[PDB]
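Model: Farnesyl pyrophosphate synthase / ligand risedronate.
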2 protein chains.
Amino acid sequence: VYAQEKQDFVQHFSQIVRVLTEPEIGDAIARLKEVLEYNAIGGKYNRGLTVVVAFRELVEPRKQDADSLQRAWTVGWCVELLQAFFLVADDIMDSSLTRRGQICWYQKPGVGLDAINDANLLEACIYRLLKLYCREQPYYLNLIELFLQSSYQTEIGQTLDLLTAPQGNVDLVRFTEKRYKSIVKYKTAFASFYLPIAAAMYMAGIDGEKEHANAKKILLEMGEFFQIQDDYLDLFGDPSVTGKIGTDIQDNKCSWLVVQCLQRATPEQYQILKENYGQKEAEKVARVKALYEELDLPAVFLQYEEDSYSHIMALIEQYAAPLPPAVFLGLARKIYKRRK
Amino acid sequence: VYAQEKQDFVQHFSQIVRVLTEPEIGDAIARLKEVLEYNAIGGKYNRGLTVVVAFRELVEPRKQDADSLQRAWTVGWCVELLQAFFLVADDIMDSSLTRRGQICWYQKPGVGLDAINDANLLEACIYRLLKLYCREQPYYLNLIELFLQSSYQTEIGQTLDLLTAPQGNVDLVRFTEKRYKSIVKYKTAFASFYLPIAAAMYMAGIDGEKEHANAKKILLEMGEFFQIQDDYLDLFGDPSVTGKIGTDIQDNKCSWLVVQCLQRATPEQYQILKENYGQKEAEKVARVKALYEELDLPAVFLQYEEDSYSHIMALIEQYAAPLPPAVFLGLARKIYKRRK
Ligand SMILES: O=P(O)(O)C(O)(Cc1cccnc1)P(=O)(O)O
Ligand SMILES: O=P(O)(O)C(O)(Cc1cccnc1)P(=O)(O)O
Ligand SMILES: C=C(C)CCOP(=O)(O)OP(=O)(O)O
Ligand SMILES: C=C(C)CCOP(=O)(O)OP(=O)(O)O
Ligand SMILES: [Mg+2]
Ligand SMILES: [Mg+2]
Ligand SMILES: [Mg+2]
Ligand SMILES: [Mg+2]
Ligand SMILES: [Mg+2]
Ligand SMILES: [Mg+2]
C-alpha cells in the first residue's frame, strides 16, 4: 500500500528524464541524463511522495483528472530534484564518501568538481518541469516562489552549518541548543517538510497565509526532529541501511550529539571532546564515539524521539484544522522510529 | 559620460547589499554581505549598465519615474549577481588563481569549497531582489523565467565546456569550429548579451516573440565574439588589465585559439600540440604559446575581430528595427577592440 505508492511514483521517473532530455548540445543532454539517473534515484522518495499523497488528500476526487495527477507527481519529482541538487553540493562540502548506497557523485573518477555544475543543472530542471506542466495553472507563480524561497532558506542554513564547523578550528563554545535549532530550521526543516505539503496546498488552491502558517508550525518542528535523527544516524546508524558514511565528528559539525555531549560532560570529558573533535584521525573519532556512549547519548536520543513525537502530535491536534489530520499523520508515521 | 554612468550604477551597490542583508542567522547574513562585497564588485559592470542604458533608451522619459529607474538598476544588479554566481563556481571548476585583480574567492584561506554554497546564495539574491522590487509589475514572471532560462542555458554550455575539456585526456579531435560555436552560444552568449537587453525590453513592455528573436540574432553573435576575445585574452592578454591568470591550455579547453591552431597546423605542429596541450607543466604551456605565435594566431585574431565587428554591424542594420540602433551600438562600442 505504502510501498505500492512508492513504486507508482518511481515508475514516473522514466517520463521525467525523457521530457528533460529531449546538435553538438546532445553530449550535454546525455550528461544531464547521467546526472539525473545517478543522483535523483536511490533515496526513500518521502518528499516527492508527500506531494502526491497530500494532493490526493486535499483535492476532491472528481477534480483529480489525468492531467491534474500528472502535475502532482511532476511537482513531487521537482521536490526530489531540489533534494538531489543540495545533496550533490553538500557531499562535496562535507567531504563525504558514499550516498544512497553508492560512491558520492563528485567522488566518481572523471566527475570531481564538475559536480558543482551538475548540481546547478539539477536545480535548473525544477523550473523546466514547472514551466512544462504548470505554466497555465493559477498556482504557477506560487510554486516558482515557493521553490526559490525554499532554496534560499536551505542555502542560508548551509551557510550557518559551514560557519559553525570550521576546519582546523575548535568551535565547542558555538555548539549551543539555540545555534543548533537555527541551523536545522533553515538547512532542513523548510525544504524537506514545509515545501512538499505547501506545494500540494497551492495546487489544491489553498493559498491562504494563515493556513500556510499553521502547516508551517507542525512541519518546521517535524523537520527539526528529522535533522536530529539524521545527526544520530551519522554516527550510530547502520551504513548498509542509511546508505552513507558519517563525517560529522571529522567535519567539526554542530551535530545534535555534540550539543547533548556538552550539556552532560564533566570538565574532564569536555577536555577529551576538545582534543578529539573536528579532526581526521580515526582514533580521535573513536574517542568521541566512546565519550557519547559513556554519557548514554543513544538512550538520550530514544527519550528525545518519544518526547518529540508526542509534541508533534500535540501540534497536529492544535494546527491541522481545517486540513485532514492524515496529511500530517502519514508523514509523521513515515519518519518516526526511522533508522534510514 | 560612460564612466559617469558606471559610477552612478556602482553607487547603487550599497543599497543592494543593505536590502539583501537586513537572531543566530545574523552570522549567515554577515557571510552573505562578505560574499556580495567580494564577488559582485571589481568587474567592468557592462551587463548591469546595459540594463540601465537600454531601459532609458527604450522607455519614454515621462514614464521614467524614481521607482521605475530604481527597478532598472536593481535588475541591472540582478544580471551582475547572475554573472558573479557563475564566476565563483567557474573559478573552482577551472582551477583558476585570480579574478578581478584579486585571489579567487575559493582560493581564500578559510573559504575553499564552501564557495559552492556562497555561489548558490548569489543566485538566490537575484530572485530576492526581483520579488522585493518587481513583484507587482506586469513583467515580473517574464523576468523570473528569463533569469531562470538564462541560467539553464549557461549551465548546459558549462557542461559542454567541461565535457570537451577532460583532465588527463587528449581531446584534439573534438576541438572543431562547430563544437566551439555550440559551447560559447550556451555558456556565454545567452546570459552575457541576450539577458541584459531582453530584461530591459520586458521592463519597457516589449514582450513580443519576433522582437525578442531579432534582438537575439544580434546579441548571440555579439556573445560569440566576446567569448572569442575572452579566449584570446586568456593567453595573450595582460593580467594587470584582465585581472585574471589564464588556464585554458592547462585545462585542455576547446579555446578559439586551439581551434584556429588545428586548422593551420602541419602534421609536425599537430604532434607538438598533442604532446603539450592540457597539462600543468609550465614548459608544455610555453611550447603551445610558441606554436600559436609561430602560426600568427594574434594576427588571425585581429583580422577575425575586424570581420566580426562588420558582421555584427550588418546584423544591427538588418534586425535593430523598431528598437533604437544605439541600444546595440553602445554595447558593441564597449566590447570591440577591448583588452580587458
Ligand atoms: O545527508 P546528510 O549529508 O547527512 C545531510 O543531512 C544533508 C543535508 C544537506 C543540505 C541540507 N540539509 C541536509 P547534512 O546536513 O550534511 O548532515
Ligand atoms: O572569466 P573566464 O574564467 O575566462 C570565463 O569566461 C568565465 C565564464 C564562466 C561561465 C560562463 N561563461 C564564461 P571561461 O568560460 O571559463 O573562459
Ligand atoms: C535533509 C536531510 C536531513 C538529508 C537527507 O534526506 P533523506 O534522509 O530524506 O534522504 P533521501 O531519502 O532523499 O535519500
Ligand atoms: C562570460 C564571460 C566571457 C566571462 C567574463 O565576463 P566579463 O569579461 O564581462 O567580466 P566582468 O567585467 O564581469 O568582470
Ligand atoms: Mg552532509
Ligand atoms: Mg552538510
Ligand atoms: Mg547528516
Ligand atoms: Mg574560467
Ligand atoms: Mg570556464
Ligand atoms: Mg576565459
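Chain lettering follows the listing: the opening sequence line is A, and each later line takes the next letter. Residue numbering for chain A follows the PDB entry; the residues present correspond to positions 9-30, 36-353, in that order. Per the PDB entry, chain B residues shown: 9-30, 36-353, in order. Read the numbers this way: they start at 1 and go in the same order the structure lists the ligands and their atoms. Per deposition record, X-ray crystallography, 2.0 Å.
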Ligands or chains of risedronate: ligands 1 and 2
Chains contacting risedronate (ligand 2) (heavy atom, under 4.0 Å): B
4.0 Å heavy-atom contacts with risedronate (ligand 2): B:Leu100, B:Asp103, B:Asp107, B:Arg112, B:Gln171, B:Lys200, B:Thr201, B:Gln240, B:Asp243, B:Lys257
Distance filter under 4.0 Å to B:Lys257 heavy atoms, resulting risedronate (ligand 2) atoms: 1 (O), 2 (P), 4 (O)
Identity and separation of the nearest protein heavy atom to atom 13 (C) of risedronate (ligand 2): B:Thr201 OG1, 3.5 Å
Risedronate (ligand 2) atoms in contact with B:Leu100 (distance to a heavy atom under 4.0 Å): 7 (C)
For atom 11 (C) of risedronate (ligand 2), closest protein heavy-atom neighbour: B:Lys200 O, 3.0 Å
Subset of risedronate (ligand 2) atoms that lie under 4.0 Å from at least one heavy atom of B:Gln171: 9 (C), 10 (C), 11 (C)
Which of the risedronate (ligand 2) atoms, numbered from 1, are nearer than 4.0 Å to a heavy atom of B:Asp103: 3 (O), 7 (C), 9 (C), 16 (O)
UniProt dimethylallyl diphosphate binders in chain B under 4.0 Å from risedronate (ligand 2), heavy atoms: B:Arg112, B:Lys200, B:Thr201, B:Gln240, B:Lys257
Interfacing atoms of risedronate (ligand 2) (cut-off 4.0 Å, heavy-atom, B:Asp107): 16 (O)
Nearest neighbour in protein (non-hydrogen) for atom 3 (O) of risedronate (ligand 2): B:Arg112 NH2, 2.9 Å
Residue, atom name and distance, where the atom is the protein heavy atom closest to atom 6 (O) of risedronate (ligand 2): B:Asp243 OD2, 2.9 Å
Check risedronate (ligand 2) for close polar pairs with the protein: N or O on both sides, less than 3.5 Å.
{"from": "risedronate (ligand 2)", "atom 1": "1 (O)", "to": "B:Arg112", "atom 2": "NH1", "distance (Å)": "2.6"}
{"from": "risedronate (ligand 2)", "atom 1": "1 (O)", "to": "B:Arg112", "atom 2": "NH2", "distance (Å)": "2.9"}
{"from": "risedronate (ligand 2)", "atom 1": "1 (O)", "to": "B:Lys257", "atom 2": "NZ", "distance (Å)": "2.6"}
{"from": "risedronate (ligand 2)", "atom 1": "3 (O)", "to": "B:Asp103", "atom 2": "OD2", "distance (Å)": "3.1"}
{"from": "risedronate (ligand 2)", "atom 1": "3 (O)", "to": "B:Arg112", "atom 2": "NH2", "distance (Å)": "2.9"}
{"from": "risedronate (ligand 2)", "atom 1": "4 (O)", "to": "B:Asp243", "atom 2": "OD1", "distance (Å)": "3.4"}
{"from": "risedronate (ligand 2)", "atom 1": "4 (O)", "to": "B:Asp243", "atom 2": "OD2", "distance (Å)": "3.0"}
{"from": "risedronate (ligand 2)", "atom 1": "4 (O)", "to": "B:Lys257", "atom 2": "NZ", "distance (Å)": "3.1"}
{"from": "risedronate (ligand 2)", "atom 1": "6 (O)", "to": "B:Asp243", "atom 2": "OD2", "distance (Å)": "2.9"}
{"from": "risedronate (ligand 2)", "atom 1": "12 (N)", "to": "B:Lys200", "atom 2": "O", "distance (Å)": "3.1"}
{"from": "risedronate (ligand 2)", "atom 1": "12 (N)", "to": "B:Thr201", "atom 2": "OG1", "distance (Å)": "3.0"}
{"from": "risedronate (ligand 2)", "atom 1": "15 (O)", "to": "B:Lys200", "atom 2": "NZ", "distance (Å)": "2.7"}
{"from": "risedronate (ligand 2)", "atom 1": "16 (O)", "to": "B:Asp103", "atom 2": "OD1", "distance (Å)": "3.0"}
{"from": "risedronate (ligand 2)", "atom 1": "16 (O)", "to": "B:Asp103", "atom 2": "OD2", "distance (Å)": "3.1"}
{"from": "risedronate (ligand 2)", "atom 1": "16 (O)", "to": "B:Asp107", "atom 2": "OD2", "distance (Å)": "2.7"}
{"from": "risedronate (ligand 2)", "atom 1": "17 (O)", "to": "B:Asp243", "atom 2": "OD2", "distance (Å)": "3.2"}

